[PDB]
Every structure is written in structure tokens, then in C-alpha cells.
J.: 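Got a PDB entry here containing salicylic acid. Few questions.
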2 protein chains.
Amino acid sequence: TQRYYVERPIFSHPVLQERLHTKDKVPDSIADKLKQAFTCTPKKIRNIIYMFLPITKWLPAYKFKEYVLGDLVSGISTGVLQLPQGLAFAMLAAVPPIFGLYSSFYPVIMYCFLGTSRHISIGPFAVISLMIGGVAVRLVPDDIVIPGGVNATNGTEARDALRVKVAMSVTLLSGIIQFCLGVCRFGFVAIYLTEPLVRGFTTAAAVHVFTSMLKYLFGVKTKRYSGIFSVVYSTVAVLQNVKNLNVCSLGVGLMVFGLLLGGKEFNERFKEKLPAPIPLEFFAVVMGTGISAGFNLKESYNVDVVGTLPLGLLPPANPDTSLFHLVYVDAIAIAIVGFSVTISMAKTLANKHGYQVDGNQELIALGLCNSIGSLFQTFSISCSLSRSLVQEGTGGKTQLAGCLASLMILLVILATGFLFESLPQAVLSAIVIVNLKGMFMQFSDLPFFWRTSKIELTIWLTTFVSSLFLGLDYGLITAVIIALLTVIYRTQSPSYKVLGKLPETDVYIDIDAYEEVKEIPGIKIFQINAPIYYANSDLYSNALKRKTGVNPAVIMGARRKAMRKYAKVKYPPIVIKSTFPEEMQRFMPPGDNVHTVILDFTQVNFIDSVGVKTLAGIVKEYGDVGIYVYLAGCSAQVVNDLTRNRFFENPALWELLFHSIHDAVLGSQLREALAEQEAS
Amino acid sequence: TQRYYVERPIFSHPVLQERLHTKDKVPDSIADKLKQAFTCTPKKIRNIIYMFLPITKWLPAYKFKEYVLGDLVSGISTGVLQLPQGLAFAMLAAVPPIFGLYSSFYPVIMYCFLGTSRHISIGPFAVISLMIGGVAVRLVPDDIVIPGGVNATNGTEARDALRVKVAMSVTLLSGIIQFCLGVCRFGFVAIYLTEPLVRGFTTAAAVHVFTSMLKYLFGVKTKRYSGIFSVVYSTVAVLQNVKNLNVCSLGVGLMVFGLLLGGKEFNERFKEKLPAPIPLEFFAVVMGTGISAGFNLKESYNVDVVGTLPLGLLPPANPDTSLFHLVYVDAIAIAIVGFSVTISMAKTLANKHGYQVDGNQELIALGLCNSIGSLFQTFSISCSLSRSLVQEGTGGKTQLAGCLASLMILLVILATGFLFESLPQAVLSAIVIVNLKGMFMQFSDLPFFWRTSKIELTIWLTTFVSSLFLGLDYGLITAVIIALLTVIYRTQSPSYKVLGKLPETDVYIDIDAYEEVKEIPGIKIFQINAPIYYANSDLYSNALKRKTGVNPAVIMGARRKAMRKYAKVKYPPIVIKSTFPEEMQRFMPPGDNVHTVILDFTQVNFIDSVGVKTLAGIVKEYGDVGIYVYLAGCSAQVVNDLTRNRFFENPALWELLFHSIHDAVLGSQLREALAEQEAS
Ligand SMILES: CC(C)CCC[C@@H](C)[C@H]1CC[C@H]2[C@@H]3CC=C4C[C@@H](O)CC[C@]4(C)[C@H]3CC[C@]12C
Ligand SMILES: CC(C)CCC[C@@H](C)[C@H]1CC[C@H]2[C@@H]3CC=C4C[C@@H](O)CC[C@]4(C)[C@H]3CC[C@]12C
Ligand SMILES: O=C(O)c1ccccc1O
Ligand SMILES: O=C(O)c1ccccc1O
């Protein structure tokens, strides 16, 4: 075995520097640092193509034997869920339902070619649908008259067409913004989305969607509220109008809701019994449409249905740029929110399955998908939380599962779009509510974060409140800023400790922690685990004067008190010897007689101009009353900050630095002993 | 002499903890922590009275012999400057000039009793006057007709009265806000005003005031612009209308401007020749009014003058609360800006003269001053930069200098208010411009901050730009947020270093720095001088895998490449031994053969849940390829973060911690030697 044993002279700063000679670095010209980027070797261009076109990467290396069954089952199980969710989100956007299926096919196909993550199901999203519907209603209210040959029997088809055009324009603008952000390498901002913030934002969005689904379930009409305090206004509106509900719609919605809970719990408790989970949503919609067609609930009890569904695909429609100046803000908000949600899901799924995703490629893929979708009659979309988990939980392994879902959505569009025209809105509302239960389950993080780390609990609660009451567009920004400022709070509330020396060793630990550490007499040690930047210097000085019990101001006051009570280019020395008579010392109230204060800088990352000024003031003031101050553990970075500022214009301040606490202790003790020698 | 010498066993975590026994703390009940606050000893109540009423402190201890002359000279020299500045700021607020003298007397008298700082000259401020004028014009335009018995010969007196009432209401609201903030102990926020931010904000405000003074100097009329892009719009407006200037007003303004520069430079170069500096502003206004009265410039050349000045004080006027819902935002902005500026000046003057100021008492004093001034026909004010520098520079020592200035302003109000009625606006504009030169001089910080610290230069430029183009109300908030986020940027761009061991000692320094440090073979050391919070873990992992040249992913890839090329409750061990055949090692491209990676945690202040997850992933992944990872310098705080999270559910991870880099090196070397022993 071996024991920790080192023998060496006391390493102050000048003693250590005379033993070290700076190395000569190799400068890299900014001109020669650009030439090597244009070698254009086949490997480099192949890597670039692989980066921009991930389909060329994971498709040739497709391991058939263990991917075919999982991909097929996951694709079927996610398409059967994407259909009712697509229709439901279409109605939330104040657009005809067929546009939900239009928006659930083109971007999925494009993301199967341009996407990096291989476990997310891109498609219609509830939050994006809500925001698109809000802007569509804001631009096009229910009071627009068009004399385009239509008689007095207006079916509001013109209003729906204008709303569709508004959604297309804002989607195209959001896609262009996302593409421009992606090519600008901005996707590096996704790292600021901490896990508690994402969980809180998703839960708040889940509450918004759940409360926005109540009017669809009950069947009562209610004007849509968008903006600040939207959730509370919407819920009080639906509560005021609840007296005029539709009994049959509520009954069928509650029945399918209970059936969905029963089936989901059955699958959960019979997980081992199944080779592949049964698609419950498909059975739910089949039952709903069968009953509705059986009893003709559209008119017999005034139970509104999804409506007619035209067939056939549409040729590309070149949009107009006449609405950009009206919806430019909301398009930016849509792009930011969609990218944030999709990057959070892609990152967490990649971490779970052991790989990596690219933020910039995600932005580029979303931008191209949204833009070309706007050319192809499609509104803005992003990743979907519940749908992606359903696709993965059933054995999703590559992105071909999304392609299969897109293909079956195409099949429904072309062939059996008429079959679902009688589906009541209650079934879709209950399906959305039941699939959103997984997001209600995230309240378990409240006691958990309370036990583990209260700062993250504060971030979670602040994000949830800011995204619930205020609009989702600005709640995310507010939560991000609060999360960033929590670091500032942490650096403004550090742990000031006074250290003591373990006997016979060099381990220095807090004096009030372990009952065996003993403070060295005449030497006080202070430690701060935080930088000394502008918003921290004053607190550091106050803590130094309070914890150590050595305040030069009160020392001078007591010295003058004893004085009045008894009576009835070169630089000056940093430490002024105590010009206090020994006879006057008899009238000097007792004290610890501290002769040196050691400052620990091992846990100080940086110091700025305000910090340097405060440190110089501390050194000068403490030296005024004849108390030496040494800095221990000054890293090379902090030494550079001190040198850059005006701290070291007096060369005699070089010797105050040291390398370790024990080095400073040995130096101070040796200096005291040397001063003892010449005393007598 | 003594040499650094320590002999001790290797201190891992369990070895150190078995030698330490936790002390028992003394709990302080939240109930008994409140009882001692109500002792109500005479000393405590005396201290409270001293805190709330600083006049009771520095007045009884007034040292006459060295304060009388300095206070008198400073008070005279600051009153003679406060008068023209008060009149000039009155006209900038779109109120009759007499209200400038009303606002220059009451709050100065009150701050002489309720103020803490003893070197600032409270009074009218250019920025506050500009904002008050902006809100007054916004509420009361030039198109208001009142049929209150006034004939068609309307002198716009009603419009001026409404503007005065608006200013009074907003001033009272701002005063109430300041008082409520002060009693709430909110004045603790003043620490976020770093020096570069304050300097940049003051320079931007100086530019705003200078460009707002051009129309007064030239004599041309120009409608006032308030809000975003106010400076550029105002300067292009005054440039477009310059063709209709008044020659005589410009001539007298330039003459007094040149005289002021000449006299100021004369005082600067004859500083030693004077016992007390001559008041140049008084001579300037005397000359201007003498010439204007001599030639009657009010009508002879259409040179506008300050106008008539009514005498006599006014009885208190109880305001109205009918304008709060219109000006509540601007009152809040006024309060914040005024408190920020005054606290910056008070803090810097206290630091210069060696004492301290209280932010909360400053807020309380400003709130009471503004409120009771609004009762006494006075608009909102705060500290004045140039006036305070003039007061302190001539020998201002206590707050009685402000009282003398208030008394002489009262003398002018009561007796000689008519004498200054013919003073041209050109003289006042040139006086404001010449006294604001000291704020133009602050561009010298650009090369200075460029040389010292580029981050503070970025803060300075961002503050200047955000406060120049955008309005001063929101530029301050934007600059504060940017300054706070610079810390986040600093923690996101740390300095990753790979350390080496100085021979025969225990000093570990960067391997690419000093040419004598030598890396220990088989051991790689990594150090980060930043926390490991959520927005930093990914960069830390990438830097660890790049700098040290030990990437487990590429190691596994190379191992599998050699493999395919050659062929033609208990827990598992953390480190899995390399199941790689020695024959396959012959096909394994050469490497450094690193057997242990040491992570330096001496400069890590805190770690959060994301950081803990990343650290656990690093440990597991590095142990997968048979590479031990040790943590060195884990402080008790970081150990607490790791324990609170789920890092230590496997007790075998306790031994991975250590106390110092050399301890970890010795432990790893000893473990390798022990593994060597049983090999053969
Ligand atoms: C620490 C953080 C929160 C500081 C910055 C907060 C900013 C981004 C917040 C605080 C107050 C917010 C505003 C509050 C209310 C509204 C009205 C609403 O109809 C549109 C958004 C808007 C205008 C918000 C925009 C974002 C906002 C200005
Ligand atoms: C945290 C970092 C990004 C700084 C944030 C600065 C925020 C709070 C600033 C910057 C730009 C500001 C906006 C600029 C202009 C206007 C128009 C005005 O009629 C009302 C206030 C309003 C809407 C401001 C609100 C506050 C604002 C949004
Ligand atoms: O339906 C979803 O998948 C969903 C996901 C997140 C938030 C609200 C939602 O409705
Ligand atoms: O007159 C001043 O002292 C002053 C100070 C700061 C900004 C504008 C100003 O006019």
C-alpha cells in the first residue's frame, strides 16, 4: 500500500512561478482555419448528405428480422390513433375536418425523409391547432358577408374558406421562420429547455386542451376565447351555458369515455397476455359511428357530427403573402412552440433509447414540412406527445412506422372518408380527453421535486402558473427567463463557511460540522462557493465581516473608545502596524487577536471589475488595522482577471496569493515566527 | 523555516467519514426567533428612530469648524446652478416655469430631514422632466377647448392647467409606489445596477437630453415625440425645420455657450488660484437677462423668453385620483428610474467618501418627498447627476448645503421671481448643454473596457443602444436582463483543461501551459470551472469526450471493427472488464490505454437533476468499456445534491469520491498495483 506523502517548499505565487516557464503556443490563422473546410473529399460530402438527409443513413442499414414486425404493429397502432386525433384537432382549428387528414399525411411523409429522430410521430398537435384556430377567428369573425353569387341561404362556407386561407398563410410563414432559424444554426437554443420546465409546460397545455374540449363534449355553443386568461374565461363560459346542454351527446361521450378507461386498464393489467395491444380508439370510433348511423342522432336529438368529408387529393395551391403583416407575430410563436416541444420529445426519446438528435436538422425538417404543407393545403404541426409514446410503446423502432400511418391515412382519405362522416363530436372529445390522461399524471413531480430540490419545484410551479393563466405563447418565454434567473438566485445565496483544520492532516472542513475539526488560533478562514461578480460582492463583504467576527470598522471604533477613555514611484506598506500603546491595550476589551485572515478562492470561478474593487477594498481595509489577508487557491483564470484590472499595480501584492489553504497557513505562521525572532 | 510536509492515508470518502462524527446543531424555533424582536429596549427604539430619521444622527454631531465654510460654499454654488436647471427642466415637462422652482424647494427641504446620503443634491431631473412632459402631452394635446367663460383670445392657460394637474397626479402615484416599495424592503434590488450599466444608461440619457434641447436653442417649433425611436424622430424633425430658425436666439445661445466653455476651462486650469470656484451659471443668466432686457428681444427679433413668473407660495392642493388608471404605468416607470439613478449616485458617492447608504430609506424618502410635493404643487424628481458632482466638488460635506440651496430658491421665488422673467430660452438651453458635457466624457470607457474585460464592454454597448433607440422606460429593464444573462453566458462557456502533475510535488496545472507539467501515464484528468446545471451538462460531456481523447462510443466502434475484421437486492459491477481477446488486441489500433479518468470537482459549485443524470450516464458509460472514473474535490454541497437525487442508490458508488486530485491519483495507482499483484 501507499500513503499520501508530499514534501515541498511553501508555494506562494512568485515561488511557484519561478519554477514554471510558459510554453509557446501554435497560432492558427483565421485564414488557414477556413481553407481546410473546403477540401471537398468524398467522405466530407457524404457526411454532409447523411446529415441533411437522414433517410440515406438508417434505410440502407435496415435490420429486417427484428424491425419489420415492430414497425408494422407500431405504424398500425399509431395510425388508428392519428385519425381521430387529426379530426379532433382540425375542429379545434376552426377549419373543416378534412384539413386534419390533409395535415396528417404530407408532413409525415416528408419527415420520414428529412427527420433525425426515429421514434416520434409527427402530426397535428392540440396546442398548435388551438393557436391556429385563435388566429383564424381573430382575423375572420362570424360577421363577414361576401356577395359572390351566394343566396341568403349562407352555409358559412365562405367564412370557412377565409379561415382556411388564414391558416395556410400563417403556416407558411411559420415554416419559413423555422427553416431560416435552422439554416442559421439557431437550434442550439434547445438546451435551455430543462426537464421540469418541459413537464410543467406540457401539463399546462394539457389542462388548456382539456378545458377547451368541454364545449365539444357537452354540445353547448360557446364563443372562443384566445389570449390572456383564456382558460378561466372559457371554463366560466361553459359553466354558465351548461343549462342548455345536449343529453344524448353527453351520454354517448360518457359511455365511450368509460369504455376507453375500461379497455386501457384492461390492456395495462393484461400487458403480458397480449402479443400486440388492441387498438382501442379504432373500436371507439367504430362503435360511435355505428350507433350514430343506426339512430340518426344528427337530427333526432340534435347531436352534431363531424360533418361531410370530401374525397380526393388536391393539387398544390400557391398561397398569398397579403396576410404576413397581420399574423407575423403568431407565426413566430407557433414556430418557437412547435420546435421546443418536438426537440424536447426527440431529445428525451434519444436519451432513453441511447442515441442523439440534431436540433438544427429538426428545425430544417419542420420548416420544409410546414412550408410545403402550406403549398399542399396543410396547417402548421409539430410533434405529438401521446401519439409518439403510443407509437414507441408498441415497438416503434424506425421512422417507417410513421410512413405506414401516413399511408393508411391516405387510404382513409381516398376510399373511406365518407364512412366517418356521421361520427359524433362527443366520441372525438372523449378520445382526446382519455388519451390526455397520461399528461394529468405528471402532478407526481410536485412531492418528488419538493423532496429532492425545491428550486426545480419552484421552476415547475412557475412554469405551470405562467403557462396556465397567461397565454401559451408568452408563458414559455416567462418560464425560460425564470429558469435562467434561478441560477442568478443560486449565485446570490451561497454557503459561507468558516473552516477548521483536522489534526495532523491538511483537510480543512467547516468548523460547525464534524466536532473534530479545530480552528487554528490567530487565523480565520473564509470560503464562498460562488463567483464574486457585481451582484455578489456586497453580500460577500458583509458575510466576511459577520461570520468571522472580525470587522475592521468596529475594531477602529473600539480602539478609539479605549483611546478617549484612557486619556482621562514607491508604495506604503499594505499592512499598517497597530499604533496602539500597550498601556492603552489594558483598556482594550478582549478579542480573539486574529493576525491573519485566509480567503478561500478554490470555489470562485470568475471575478469582475466590481469584484476586483471590492477585493482591493477588503485587502486595504483589513491591512489598515494590521490584519494580513491572503488569498488561497486563486486559479489561473482569476489571476488573469486580477491582472487585467488594476489590482496588481502594486507589486507587493503578488506575495499575498498562494496555492492551497495549508500553504497560506504555513506562510502566515512562518511570517509570524520570523517577526517573533527579531522582537527580542 | 518550515516546509510543506503532510503524511496521511489516502482519504477517499468512506475513509474520511469514519474519522468524522457529525455535530449536533442547536435548533432555533420560528416562534422564539420572533420574540426577541419585541424587547423594545431604549437602544433599539433609538436605533429605529436614527434609521428612519437620519437628521437626528448627523445634525447633533455637526463638526462646525471644518463643515461651516464647505457647506456654505457648496450650498451657494449648487443653488446658483439649481435655479437655471430647475427652470430648464420645468419647460421640458410642458409646465409653466414657476413649477420648476416649486419642485426645487419642498423635496430638498424634506430630503434634508429624511435622506441618508449626505452628498447628493436632490431636485429636478432632466429624464424625469422629459417623461412627465411626454405623459402630459399624451393626455392633454393642443386641441382641447373649455367653455369656462374664456373668450376667443385663448392663451392656452387651460391646457397648461390640465397638464399641471396630470403631472401632479402621476407624481403622487409615483410617490405612493416608491413609499410602498420602501416599506416592503424592496430597495434590496439596487445591487443589480452594475457600474457599466449605470454609466451607459446615464450617457444615453445625456444624449436624449442634448437632442431634446436643440429645438429650444434654435428657437424653431417642433412637436414632441415620446416612445420608441424618439431620439431619431426628434432629431430629423429639428433638422427638417432648421430652415426656419431664429438667428438672434442661436447667436446669444452660442455666445453664452462659448463663454461657459471658456470660464469652465479657466476654472479647471486655475484650480489652485481660487479659494472657491466662481459660479459661472449665475454670471451666464445675469448676462443673458441683462442683454434681453436691454434690447427687448422678446418682440424685436421674436426671441422667446421664459415668460412671466408669479410670486408667493401656494396653499396645499388636495389632488384627484381620477387619472390613476391612465398614468399608472408611467408612474411606475418614473419611480423605478428615479430610484435607480439616485441609488447609483448615493452608493458611488458613499464608496468614494467612505460610508454607506440605505436603499430602503432612499425609497421611503423619495416616496414621501414626491407625495407631499404633489400635495404642494410639485412634479416628480430624483437625484441630479451634474448638480451632485458640483455640490460635492466644491466642498459639500453634509446635507445642510441642500438646505441652503432650497432657502435661496425660496428667496428667488418670494422676492426676485420677476427679475428672471426676460431670460431667453437660449441661455438655459446652452447652460443645460454645457453642464451635460461631463456625461459626454464617458465614452472613454469603450477602449478601457475593450482592454480590460470585453463582457463589460458588451454590457455597456447593449445598455447604451437599448436606452438610446428604445425608450428609457424599457431600456433599463432590457439592459438589466442582458447583464443578468451575461452570467449565464459565462457559465455556458467555461475553460476545459486537462491537467498534469508537476514532478515530485502535488501541484496539478494545465498540460499546455508551462512545459514542465507532465501527464501521468494511463490517467486522464479533466477540469471545468463552472456548475453542471441543466444548460451545461451536454457541453461538459462533449468537452470530456473531445479534449481527453477518450470517447467510449468510438472505443466500442473500434472494438467491434477489430472483432469483425479478425473473424475472417444486488447490483452489477460498475466497471465491466474488457471482454476483448488478446489475439483480437493484435488487430486493435493503438491507443493511450487510459485506465482511469479523474474528474475535478473543486470548481463546481452546484449540480442539479439534469447534471446528476448526465454524471450518472458518464460514469456508467465509461465503466462499460472498463474505464474507472473518480470524482475529486466533491464539496459537501455537491455531495448533498448527489445524495438528494438518485445517484447513490448503489452503495458501491461511494468509493468513487475522493478529497483531492492527488488522493484520487494515489487511489487509482494503488488499485492498479493491487490488480497487478493477483494477475500472477
Ligand atoms: C423574468 C422574465 C419573466 C422577464 C420578462 C418577462 C416578459 C417577457 C413578460 C412579462 C409580462 C408579459 C406581458 C404580459 C401581458 C401581455 C398581454 C398579452 O395580450 C400579450 C402578451 C403580453 C404583452 C406579455 C408579453 C411578455 C411579457 C412582457
Ligand atoms: C429577457 C430579455 C430578452 C429582455 C426582455 C425585454 C422585454 C421585457 C422588453 C423588450 C422590448 C419591450 C417592448 C418594446 C415596446 C413596447 C411597446 C409599448 O407600447 C408597450 C411596451 C412594449 C410592448 C415593450 C414591453 C417590454 C419588452 C418586451
Ligand atoms: O393530445 C396530446 O397528445 C396532447 C399532448 C400535450 C398536450 C395536450 C395534448 O392534448
Ligand atoms: O443635467 C444633468 O446633470 C443630466 C444628467 C443626466 C442626464 C441628463 C441630464 O441633463
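Chains: A, B, ... assigned top-down by sequence line. Since chain A takes its numbers from the PDB entry, the residues it shows come out as 13-580, 614-725. To match the PDB entry, the residue numbers of chain B are left as they are there, and the shown ones run 13-580, 614-725. Just so you know, ligand 1 is whichever comes first in the structure, and atom 1 is the first atom listed for that ligand. In what follows, every heavy atom counts, from backbone to side chain, and hydrogens, waters and symmetry copies are set aside.
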J.: Mind telling me which chains or ligands belong to salicylic acid?
T.: ligands 3 and 4
J.: Under the nomenclature of UniProt, which macromolecule has the greatest contact count with salicylic acid (ligand 3)?
T.: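 The chain with the most contacts is Prestin.
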J.: I'd love to know which other chains sit under 4.0 Å from salicylic acid (ligand 3), counting non-hydrogen atoms.
T.: A
J.: Which organism does the PDB entry associate with chain A as its source?
T.: Homo sapiens
J.: I'd like to know which transmembrane segments of chain A, in UniProt's order from the N terminus, sit with a heavy atom under 4.0 Å from salicylic acid (ligand 3).
T.: 1, 3, 5, 10, 12
J.: Which UniProt-listed salicylate-binding residues of chain A does salicylic acid (ligand 3) come within less than 4.0 Å of, going by heavy atoms?
T.: A:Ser398
J.: At a 4.0 Å heavy-atom threshold, which residues contact salicylic acid (ligand 3)?
T.: A:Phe101, A:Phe137, A:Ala138, A:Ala218, A:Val221, A:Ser396, A:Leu397, A:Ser398, A:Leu448
